[PDB]
Peer 1: 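First, the structure itself, so that you have it in front of you.
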Amino acid sequence: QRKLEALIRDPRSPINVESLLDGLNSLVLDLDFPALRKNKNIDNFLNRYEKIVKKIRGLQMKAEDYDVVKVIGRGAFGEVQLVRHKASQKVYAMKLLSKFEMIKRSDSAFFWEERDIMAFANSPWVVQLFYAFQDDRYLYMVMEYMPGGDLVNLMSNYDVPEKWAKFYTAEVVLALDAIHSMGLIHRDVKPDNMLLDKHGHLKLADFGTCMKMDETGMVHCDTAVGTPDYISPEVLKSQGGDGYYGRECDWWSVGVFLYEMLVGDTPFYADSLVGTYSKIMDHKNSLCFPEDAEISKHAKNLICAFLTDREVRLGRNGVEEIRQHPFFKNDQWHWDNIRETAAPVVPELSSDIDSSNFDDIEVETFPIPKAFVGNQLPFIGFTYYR
Ligand SMILES: Cc1[nH]ncc1-c1cc2nc([C@@H]3CC4CCN3CC4)[nH]c(=O)c2s1
């Protein structure tokens, strides 16, 4: 029964006090309705607990605790805010996830791996989570602000030379190796998930697609997940079923990245989704480089070494194959020390709320239930404090 005490005390454990308090709060939120209270059992419970549950919710970190400096991006499940915490006066990036949209889309699991990784990864390659908290309508993740913007915005503001791509590719490679070392494969690696810190250096940021590996480093996934341009043939095929693949599905995503960075378009671009999907399946035929956009044989070799079948893909035998590829040989940095060299683009920040490397941006609650629907159950255990 001291064994029990350990589980509760561990912030990594799904039955820690904050997750047990989520448990009581979500039960009271999903029972307290006129209809359900006709049930004695439910009235007896809500009479006993409802009052103290409100008192507790009082102390819980709220949205109003933060000033919203401005919006730096909008997802399908809601927006990411540059915010300043009122009390501490510290600046964060806060991601909102609409519980209504996640419930409605039958999509209320993706965030667990994302929270786990940002909360506990403790890597200089992984954007860091300080606070997860929820209210009746929203999930909140309060992360460190990455004021350098994403690479999608860098690549569209600069002609990127090989010397830059070497750097940015190496940092992505080390970042994924970090993610892999935590027993996770990422699956949706792309420039939108690659963020630049105050010093111009890279950090992975979106993790909704990440999956625990077997004891044998494989996964059984029968869902084709991640964004179409950057998805691997093996992951696309695995929608047809009997999906069984390892982390080499991420080295594909890097090859695609490297191609886009040097060529100027994705290598399997098409007008439709199903067009891009068709091209990717046919990658032995479909991949080729424009008769102009010039690329050193080393760069072109690495790309094609990455954009092959899983069985012969660079990084199957491990990440050191990648590291000692001719393309990466350079005078600026070694792999031991890259993240303390000078980045190709060091951002010009004016203040702690400068969001100039982010483009500008510019009503749907739940209905009262008939009987128990359990709308808050999918988010028991989210709440996290550092
Ligand atoms: C932590 C941090 N510091 N500075 C910026 C950021 C982040 C910004 C961001 N943006 C998104 C958005 C939502 C959808 C639409 C486009 N992006 C992908 C999905 N997702 C994310 O995880 C993150 S982290």
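Chain A residue numbers are taken from the PDB entry; in order, the displayed residues are 27-388, 394-417. Reckoned from all heavy atoms, side chains included, excluding hydrogens, waters and symmetry mates. Note that ligands are numbered from 1 as they come in the structure, with each ligand's atoms numbered from 1 the same way. Heads up, header says this was done by X-ray crystallography, 3.3 Å.
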Peer 1: Which drug or candidate compound lies at ligand 1?
Peer 2: TAK-931
Peer 1: Which polymer chain sits in most contact with TAK-931 (ligand 1), and what is its name in UniProt?
Peer 2: Rho-associated protein kinase 2
Peer 1: By chain and residue number, what forms the binding site of TAK-931 (ligand 1) with heavy atoms closer than 4.0 Å?
Peer 2: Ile98, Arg100, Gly101, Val106, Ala119, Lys121, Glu140, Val153, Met169, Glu170, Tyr171, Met172, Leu221, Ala231, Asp232, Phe384
Peer 1: Do any UniProt ATP-binding residues in chain A place a non-hydrogen atom less than 4.0 Å from TAK-931 (ligand 1), and if so, which?
Peer 2: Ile98, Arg100, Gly101, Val106, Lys121
Peer 1: Measure heavy-atom distances from TAK-931 (ligand 1) to each UniProt active-site residue of chain A and report the closest residue with its distance to 1 Å.
Peer 2: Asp214, 7 Å
Peer 1: Got a sec? Which UniProt domain of chain A does most of the touching around TAK-931 (ligand 1)?
Peer 2: Protein kinase
Peer 1: What does the entry say the source organism of chain A is?
Peer 2: Homo sapiens
